[PDB]
Student: 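Here is a complex structure; among its components: (S)-(-)-nicotine.
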Amino acid sequence: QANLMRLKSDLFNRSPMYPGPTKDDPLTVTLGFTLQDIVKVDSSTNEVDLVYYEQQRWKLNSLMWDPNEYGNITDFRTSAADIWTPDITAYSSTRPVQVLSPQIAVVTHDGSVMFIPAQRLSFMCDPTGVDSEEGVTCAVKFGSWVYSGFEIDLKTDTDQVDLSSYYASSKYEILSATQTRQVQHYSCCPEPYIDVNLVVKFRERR
Amino acid sequence: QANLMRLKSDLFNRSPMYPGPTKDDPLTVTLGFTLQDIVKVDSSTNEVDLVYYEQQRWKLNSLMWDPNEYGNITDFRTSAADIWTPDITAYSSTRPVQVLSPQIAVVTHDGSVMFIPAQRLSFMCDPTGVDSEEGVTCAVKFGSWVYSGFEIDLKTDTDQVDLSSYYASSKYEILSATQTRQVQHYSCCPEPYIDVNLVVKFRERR
Amino acid sequence: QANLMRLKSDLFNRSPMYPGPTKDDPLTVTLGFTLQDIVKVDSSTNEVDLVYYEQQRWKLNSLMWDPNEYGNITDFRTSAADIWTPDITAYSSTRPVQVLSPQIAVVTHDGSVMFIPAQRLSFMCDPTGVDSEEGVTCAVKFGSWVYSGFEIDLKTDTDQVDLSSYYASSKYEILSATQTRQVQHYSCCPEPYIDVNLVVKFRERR
Amino acid sequence: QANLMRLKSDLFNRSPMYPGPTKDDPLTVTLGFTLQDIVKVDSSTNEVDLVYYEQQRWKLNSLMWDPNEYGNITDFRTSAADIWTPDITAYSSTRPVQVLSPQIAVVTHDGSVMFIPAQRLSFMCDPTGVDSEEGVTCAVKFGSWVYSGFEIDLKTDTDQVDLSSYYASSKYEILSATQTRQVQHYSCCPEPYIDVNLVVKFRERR
Amino acid sequence: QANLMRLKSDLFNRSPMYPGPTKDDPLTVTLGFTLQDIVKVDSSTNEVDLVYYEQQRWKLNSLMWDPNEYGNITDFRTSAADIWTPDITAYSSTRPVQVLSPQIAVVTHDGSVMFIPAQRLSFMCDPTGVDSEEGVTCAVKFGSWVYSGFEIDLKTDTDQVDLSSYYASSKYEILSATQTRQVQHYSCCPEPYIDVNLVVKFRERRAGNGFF
Ligand SMILES: *[C@@H]1O[C@H](CO)[C@@H](O)[C@H](O)[C@H]1NC(C)=O
Ligand SMILES: *[C@@H]1O[C@H](CO)[C@@H](O)[C@H](O)[C@H]1NC(C)=O
Ligand SMILES: *[C@@H]1O[C@H](CO)[C@@H](O)[C@H](O)[C@H]1NC(C)=O
Ligand SMILES: *[C@@H]1O[C@H](CO)[C@@H](O)[C@H](O)[C@H]1NC(C)=O
Ligand SMILES: *[C@@H]1O[C@H](CO)[C@@H](O)[C@H](O)[C@H]1NC(C)=O
Ligand SMILES: CN1CCC[C@H]1c1cccnc1
Ligand SMILES: CN1CCC[C@H]1c1cccnc1
Ligand SMILES: CN1CCC[C@H]1c1cccnc1
Ligand SMILES: CN1CCC[C@H]1c1cccnc1
Ligand SMILES: CN1CCC[C@H]1c1cccnc1
């Protein structure tokens, strides 16, 4: 307990908080999705509800320490409010995202952070034809709302969404699910913004 | 990180917070809407639900800095709680607005701020006839709740609402969408209040 | 900005906050309602939903200043959390009131405050007969929850509810709407409590 | 204002906050219910919704003062966050309780506190037969969640629930309503725990 | 009041807060469920809603005191925000858990804590066949979201869920309910994570219907 308390005090109580990335100190966030359930479709509003968890990974020099100086501590858990976290946002949500897991991240001695929020999302999706053999395809982009590609870049480790925890008795079966880096431009701003496009093809289970 | 931390400390930790505009130091806020979806209509209550984002821009002398003195930083992202923001309010809402994006603004060295909240709004609108060829027209005014035209003026850069991100598979198609500065008077107060009137004509998609 | 910052610091950062009215220092709050919409009726639960705004006015000696000493500032806007506000409560609500406007008040140099919260209220009301020519009458009392008439008195400037912003395409039309001071007694307490009784007669629009 | 400010500063800013009752310093809380409305019954889930207010009374030596020393102040209103309040909990709720009144208590010079929260509660209740002459009976226990009878005792002043403000046009009429102290054990804990059992018999209004 | 105020000040205002368990100082949390009601089933979304309370118990050396030095105080109630609490999470929830009881724990002089949150949970469960005699079986895992088995272990005192407070007029009757420690692995992480698997068999309360 003593060494960890000392480590946390040194990382968090001495300097001002990390002010986020800049054009001079850009950051790459690795994203990956684990899809748990397509919980419902609303054919009267063209909204669909997903439950998933989103693995986020990034690295900051300001979170580095030498384990020798702190009783061989190589990592620790801490409230996400203690650290900067990326503002990864769904671009076609129709309701605020609901948080289904504790807001706690794991920080490692090399300055790397792992944060894996479980979420329920309602997003824009037309489910007409979901009861057919061909099913339907829907898509939602996830990216920083406020940081361009000059401050936050994104990547995935694989373009295949993890389906190994998908609910076996869901009303919907997944035909395919991919997660792919894209570049986009917006009216507000001349700079490219980066997103990961989650594309899910599904149909009613036989 | 170092120069930005120094800049933020200088802008925010030395003076009291900006106390908002006054008759002596008035402020002009530029508004623009990007309409993403008419998500639903409730013909039993005459309420309609929109998802959009609202670009807000204003300029304060108290947020100016010389980039030379701060490692050539020309802008930065910061929590909207760190700065004053205008109290732009829908005048015919029937529920609290739901926030769909992070509360983070971009501040630029000339003292200009850009803040772009994504919102879901339920407002007063009679959808009778939406299933016809002619469709229906609805309107909602956005403006300061508490500041008259002597403290906050509004403008738009264009009268045309941005429809380039409108959801292509929405239940409703947009026939027209405009955003227009207006002056209004209220029983409480002799002074003019300024709003931007969002006027949307829509119908059920064919 | 400078003079206002100085004024706010002098009013709020020197003394403890105003502790509310007392039997020795009683307060009169002026109330007035502006009815915007009867949004829905639920005939299965006898609940009706109103959207309105409630103009509240009171005066404190502790909020007085001389404009000469503060750059001719005669009024200012400030967060309602900076000041004491009266605990005006609907007596037959069935849900928490939903807040539809920013929590910001206007303070004037004579010590007077104006605070105008927009609200959506569900309250107890039997709508049986609303679809007839005669319509139905409903009523809800607004008053302090915790302060008797010895600490908070209420008045209205007029007994006529302001209907000039009533939604023209509402499902319901207003036949009459009055706001009237009353005295009431409760089992807990021997002292009179004051309320303003909002009485609305309405029917389904032709 | 001056004397009250001084009294509040002396009661609240000098000592640490009251840490709650103990086996050495136990407390008796007096409870009483005022039933306003049975708002709805859900026969598909066996949940019923009540609106009531709950009068709570207790006495602390640490809230005593001599009125002579404080300009003859015999009582005052204060935010419930300034004081300890008992953790009175419904034992068969199905949703979080909704708060319908301001969180403000009245403290009197003898150290007694009166706090009267208005609440909407959904609780477990089978309404089958409510449309008959005999009606149905339902019950819910209210008590401390965490303090045994050695720290918190409860009493009522009467076993009759106050029905004098019951909504006259409710869908349901009340045949009887009682509030009765009970002692229980729970598997977690060896000590007796005290509750007040609210028993309501009702039927659909003729 | 005086001795307790002194005890709380000594436990909470002198050191930094307990930073949670570590591989060097692991912690075992005991869990047990008391099922109060299956409030509803949604056959169109395969979601079911439970109301229960979850007894959590753990022990920290940093919460120990000598009762002799504090007026013979052997335990006290305190806000759960004053102490570290384990991040026990349902693994197949479809909505945020709703809290139905005050967030207050009981701390005892040996450093043991008891915290018993009442909760309403919506979780993934197919109720097809609930209206039959055999009923349906559903399951939900509860465990730390972020701590592996090297930092947080779990146990139960019994594998039988407490059903003695189950609502007698519920729409659903419980046939059986068990709570069992399990080990699981996740894609993110090589380390084992521990959960307690809550398995409930239930059916509609129907006529005065027999269990065969
Ligand atoms: C940490 O690692 C060093 C180097 O191997 C070892 O000698 C020491 O015993 C360890 N210290 C602790 C506190 O585990
Ligand atoms: C700012 O720009 C100048 C060149 O235009 C460069 O020499 C200087 O090093 C820059 N400052 C920093 C901190 O990078
Ligand atoms: C206040 O009003 C007086 C009288 O007109 C004027 O001379 C003075 O300049 C004003 N003060 C400021 C700070 O504008
Ligand atoms: C309090 O009451 C005493 C007794 O009559 C009186 O003499 C004193 O002036 C009072 N003080 C105030 C502030 O009312
Ligand atoms: C504490 O315990 C001792 C031993 O039983 C007893 O004599 C004393 O009165 C107790 N109470 C205190 C210290 O308040
Ligand atoms: C890329 N974002 C999404 C839409 C607007 C844009 C943006 C840019 C800067 C600050 N806020 C929002
Ligand atoms: C312009 N607002 C709209 C209606 C009330 C008015 C207002 C004015 C001052 C303070 N609050 C609200
Ligand atoms: C006037 N209110 C309505 C009924 C209870 C009463 C009251 C009085 C004092 C403190 N809280 C509530
Ligand atoms: C008396 N309560 C009701 C059920 C559990 C119990 C309890 C006791 C101590 C801390 N939390 C809950
Ligand atoms: C065991 N957890 C649940 C799924 C991912 C994993 C995890 C690990 C670290 C931080 N958050 C979540």
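So you know, we letter chains A, B, ... as the sequences are listed, proteins then strands, and number each from 1. Scope of the values below: all heavy atoms of this structure, side chains included, with no hydrogens, waters or symmetry mates. Ligands are counted one by one from 1 in listed order, and the atoms in each one are counted from 1 as well.
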Student: Report all copies of (S)-(-)-nicotine by ligand number or chain letter.
Tutor: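 The relevant parts are ligands 6, 7, 8, 9 and 10.
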Student: Which chain forms the largest contact interface with (S)-(-)-nicotine (ligand 8) when counted as heavy-atom pairs under 4.5 Å, and how does the PDB entry name it?
Tutor: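 Most heavy-atom pairs under 4.5 Å are with Soluble acetylcholine receptor.
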Student: Name every other chain with any non-hydrogen atom less than 4.0 Å from (S)-(-)-nicotine (ligand 8).
Tutor: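 Based on heavy atoms, that gives C, D.
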Student: As an exercise, identify every atom of (S)-(-)-nicotine (ligand 8) less than 4.0 angstrom from a heavy atom of D:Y53.
Tutor: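 Numbered from 1, (S)-(-)-nicotine (ligand 8) contributes 4 (C).
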Student: Classify the contact between C:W145 and (S)-(-)-nicotine (ligand 8) as side chain, backbone, both or neither, using a heavy-atom distance cut-off of under 4.0 Å.
Tutor: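 The answer is both.
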Student: To which protein heavy atom is atom 10 (C) of (S)-(-)-nicotine (ligand 8) closest, and what is the distance rounded to 0.1 Å?
Tutor: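 Checked against all protein heavy atoms, atom 10 (C) of (S)-(-)-nicotine (ligand 8) sits closest to C:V146 CG1, 3.7 Å.
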Student: If you count the atoms of (S)-(-)-nicotine (ligand 8) from 1 in the order shown, which ones are under 4.0 Å from a heavy atom of D:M114?
Tutor: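 Atoms satisfying the 4.0 Å criterion: 9 (C).
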Student: What organism is listed under source for chain C in the PDB header?
Tutor: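 The entry records the organism as Aplysia californica.
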Student: Non-hydrogen atoms of C:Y91 versus (S)-(-)-nicotine (ligand 8): any pair closer than 4.0 Å?
Tutor: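 Yes, C:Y91 has a heavy atom closer than 4.0 Å to (S)-(-)-nicotine (ligand 8).
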Student: Hi! What's sitting within 4.0 Å of (S)-(-)-nicotine (ligand 8) if we only look at heavy atoms?
Tutor: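 Heavy atoms under 4.0 Å: C:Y91, C:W145, C:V146, C:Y186, C:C188, C:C189, C:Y193, D:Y53, D:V106, D:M114, D:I116.
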Student: Check (S)-(-)-nicotine (ligand 8) against the protein and report each N/O to N/O distance under 3.5 Å, formatted as atom name, atom name, distance.
Tutor:
unit_1                      : atom_1 : unit_2 : atom_2 : d
(S)-(-)-nicotine (ligand 8) : 2 (N)  : C:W145 : O      : 2.8

